[PDB]
Structure formats: structure tokens, C-alpha cells
**Q** 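One structure, pasted below without further comment.
Proteins come first, then strands; the chains are lettered A, B, ... in the order of their sequence lines, and each starts at number 1. Ligands are counted one by one from 1 in listed order, and the atoms in each one are counted from 1 as well. Computation of the quantities below employed the complete heavy-atom set of this structure, encompassing side-chain atoms and omitting hydrogens, waters and symmetry-equivalent molecules.
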Amino acid sequence: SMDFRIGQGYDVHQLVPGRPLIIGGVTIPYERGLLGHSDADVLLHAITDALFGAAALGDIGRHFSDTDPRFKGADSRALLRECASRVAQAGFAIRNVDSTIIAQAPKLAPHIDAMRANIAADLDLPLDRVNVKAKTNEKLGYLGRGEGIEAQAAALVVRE
Amino acid sequence: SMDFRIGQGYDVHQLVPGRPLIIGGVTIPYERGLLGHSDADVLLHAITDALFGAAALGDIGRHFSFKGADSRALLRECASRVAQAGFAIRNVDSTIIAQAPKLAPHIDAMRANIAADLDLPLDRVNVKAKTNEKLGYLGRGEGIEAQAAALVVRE
Amino acid sequence: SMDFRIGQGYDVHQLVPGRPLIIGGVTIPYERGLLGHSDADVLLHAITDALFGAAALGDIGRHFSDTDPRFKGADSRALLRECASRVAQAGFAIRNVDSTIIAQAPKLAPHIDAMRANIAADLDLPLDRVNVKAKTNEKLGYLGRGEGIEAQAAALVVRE
Ligand SMILES: CC(=O)Nc1nnc(S(N)(=O)=O)s1
Ligand SMILES: [Zn+2]
Ligand SMILES: [Zn+2]
Ligand SMILES: [Zn+2]
């Protein structure tokens, strides 16, 4: 139809030795990893929040509590797929997703297509409606010092 | 019709003693509050900027350099100027970033306030909240950030 | 048509002595400037990213290598125009652009209308479809300390 809605999402996680690096469902060879409840997939969290926002359904925290047994130990791709099911049942179809990863290292460009493929699979979208961008923070802040990684997302949906 | 536009907004304010904490028009009990020339409702400022941006009307600094007015009156006036340019608001989405206090119990009230100020049904307004994972000035409780996205149409 | 897409962009550059300060294509008189391989125009880079992301064409680094000697000192308006040409080649028309600059200094209000005119010219848009906003970071973080300048952007396009 013509009942479009937009949503936006943000997420950040600390970057310290000890954990694997998983961004967009992709396990990336690195010395440090992202600290969170589960995989701490900062990119999928931001996209999930953008989708809930576009549907005016709250946020990732109110749908998938860390305490909730039904999502104990679920990984962020499963959360993303459950997010999309709720978006559909509210009557919305996803038109496109765009996103940015901000990280001082490692280089993420080799893994962009893998992330796009995971996200498009999880959302049941054609590949050319999913986009992921990645850049450094020019050595500024806790991002520029490699203490964390941030993700931003935007989503467009339409009531159908 | 089909002349859609998007806008994006961003704001941050310092948390300081002696001021009340007002986010999305909701007074939240807390030892500190937001500093600003206005009442410093950082969430309403981000949404205001996103609405000015979507209508290509400039920004909040150019519209409201209204002395003593609160951020809801300024949001109402923002919505008036967006309508004055010929735009209708289709939806608003937003995020609050604050290490403390807990905002989850106040989200539905903020959403109700924004919908009334923008003359929008509840289901076209969304507010999200999270922490900054103890990173940077937000993670140290020194400020609270808000982000907003708005879709308008010119019919 | 009705095939709408949204994109979002982010950029930051350090503010250093001995560099021109070029934001939105405007050379702003100032003792410091933005540091980058190109002219480091943080606002146009953010808008460029939003446009590539809306068209699902990747990001600015994919399209214009930030290490290639041919882009040393590159005019970021020329990069923006080539971005818009590639977005058009992918079948997309640009409907509007919104953006924000975050800086402690200098005062950008005298220059914002000129930046908007530059972006509108590069995107072949009327002025009423381009918006540039400017604010401080309320004294917080490296932005509050004047160590860099941030830009944010959003773009709506449609596949014809
Ligand atoms: C030629 C040129 O400028 N290329 C760029 N690639 N990435 C950039 S960014 N991270 O500053 O937006 S600029
Ligand atoms: Zn997260
Ligand atoms: Zn403010
Ligand atoms: Zn840049």
C-alpha cells in the first residue's frame, strides 16, 4: 500500500579479550570480542530495534528479556527472525534495511556480503534490499581506541 | 499521497544535580536531571529536529534560539510549522540512551505524550531505551542521548 | 513508483591544525581543519554513505578507496556527484536528504544555507528537498573537547 513507516536502531558493546567476535551472524578472527548477554551481535541488535521501531512495537528489551526462559541462550539471528514474525503479524512488510558498523579494527569489508546474506535470509528479503556499511571512528573515543563496537540501523516498512 | 520525506534527529544533555529528570514529558524520580536552556527534554529535542529535518525547515537552533517554554510546547510548535509547510506526519521512532535510571516503566507514558503533542494515534509513535554498556560519557552517567527518525508526506 | 528505500550515514574526522576546514563543500575560515585522505568533508561523506546505503550499493569506502593515491585531497563534492550518478544508474531517484553536523566550534550557522545549496546542486535537487542541521554536543566527550566533528545523514530514494 502507501502506509510506510520508518524505524531506527542503535547498539554498542564493549570490546575486550576473552570472547569471540560475532557481527551480523559472522564469526570474525580477532583477539578480542564483544561483551553481552549472548553473542552480543551489535549489528543484529540494532537492526532488530529498527524493525520494532518501524512497527511501533517497543524495543528489543521489551520483546526478548534476558530473564525470559523462552529466549534463554537464543542467539541474535533467532531473535531477528522472531522480530520479523511479530512485524508481519502487526501487518507490516519490510521494504529495506540499511546499517553501519563502527569499529576501529578488524577490517570488516571481507565479511559484508556474509552479513548481508544472513540478514536477508533471516528477514526473508531479496539481497538487494539489505545493506551493511563499515568504517572506523578515526581513533576518536572509546570506539576509536577499540574498547567497543557500535552499530546503527534504519528500516523501512509498509502496512500490507 | 506519495511525496514522502525522512528526517533524523539527535540530541544529548548533561545530567546535573538539582534539576528534575524529564524525558518525553515524563518526570522520572532521580538524583539528577538534564541541563539545558530549555527544560532539556533530550528526547523531545531529537524528535523536534527529526521533524524539522523531514520538512526541510532547518533545525531546532534556528527555530527556537519561547522563553520559559517547556519542550512539549516547542514540539507542538514544531508540529505546527511542519503542517504550515504542507506536511503530514506519518510516524516517529526514537531511542533513549541512558545508563540510569531505568526507563522501561515510563516508555508508554512518553509515547502517549508525544502522540498527543503531534496529534497522532498511539500506533504511529515509538520510543525505545537502552544503556551504553558503561562506555564513554553516557556509560558514566554524565549525559543522556536521544535519537529520532520521522516520516512525513506532502499531499 | 512506490518502491521506496531509506539509507543512513555516519562520519567523523579529527580536527587538526594545518588542514582546510571543508564541510558541506564550504571552506570555512578556521585555524584547524578536518584530517583525512580526501578533503575530509565529514558531512558529504555521511550523506554519500546514506545514499549508497539506500540503494544497497555498499558504502563510500567500497566505491572510493580511502588509501588510493588518486583520491588524495579528493573533492568530496565530486565524490558525492559520482555517488548520485551510481545511485541513478542503479535505478533510483533521490527524494530527500536530511543531515546533522555536531561540532563545538566554529559557529556553523552562517554557513548552513551554503552547504544546503551545494548538496542540492550536487544531487540535482531543489533546495526544499535538502536539509542540513547543526548543533553542539553540549560539551560532552571528544566532540565537546573539539577533537573532531561528526556528521549524520538520512536519505529517501525510490526505484523508478
Ligand atoms: C576517497 C574517500 O574519501 N574515501 C572514503 N572512504 N571512506 C571514507 S569515510 N570513512 O571518511 O566516510 S572517505
Ligand atoms: Zn546489543
Ligand atoms: Zn537539546
Ligand atoms: Zn569521512
**Q** Can you identify which of milrinone, sevoflurane, acetazolamide, nitrofurazone is positioned at ligand 1?
**A**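 The right pick is acetazolamide.
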**Q** What is the name, according to UniProt, of the chain making the most contacts with acetazolamide?
**A**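 It sits in most contact with 2-C-methyl-D-erythritol 2,4-cyclodiphosphate synthase.
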**Q** Would you pull out the other chains with a heavy atom less than 4.0 Å from acetazolamide?
**A**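 Heavy-atom contacts come from A, C.
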**Q** Based purely on interatomic distance, does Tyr10(C) place a nitrogen or oxygen under 3.5 Å from a nitrogen or oxygen of acetazolamide?
**A**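 Not met; the criterion fails.
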**Q** Which divalent metal cation binders in chain C, per UniProt, sit with a heavy atom less than 4.0 Å away from acetazolamide?
**A**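 From UniProt's list, the heavy-atom cut-off leaves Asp11(C), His13(C), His45(C).
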**Q** Would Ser65(C) count as a contact of acetazolamide if the rule is a heavy atom under 4.0 Å away?
**A**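 Heavy atoms of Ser65(C) do come under 4.0 Å of acetazolamide.
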**Q** Looking at the neighbours of acetazolamide, which other ligands or ions sit under 4.0 Å away?
**A**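 By number and name, ligand 4 (zinc ion).
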**Q** Taking only heavy atoms of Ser38(C), which atoms of acetazolamide are found under 4.0 Å from at least one of them?
**A**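 Acetazolamide atoms under the 4.0 Å threshold to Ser38(C): 3 (O).
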**Q** Less than 3.5 Å between some nitrogen or oxygen of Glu138(A) and one of acetazolamide, yes or no?
**A**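 No, there is no polar N/O contact under 3.5 Å.
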**Q** Does any N or O of acetazolamide fall below 3.5 Å from an N or O anywhere on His45(C), backbone included?
**A**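 So acetazolamide has an N or O lying under 3.5 Å from an N or O of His45(C).
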**Q** Find all residues with any heavy atom less than 4.0 Å from an atom of acetazolamide.
**A**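 The heavy-atom cut-off picks out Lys135(A), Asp11(C), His13(C), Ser38(C), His45(C), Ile60(C), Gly61(C), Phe64(C), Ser65(C), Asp66(C), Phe71(C), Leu79(C).
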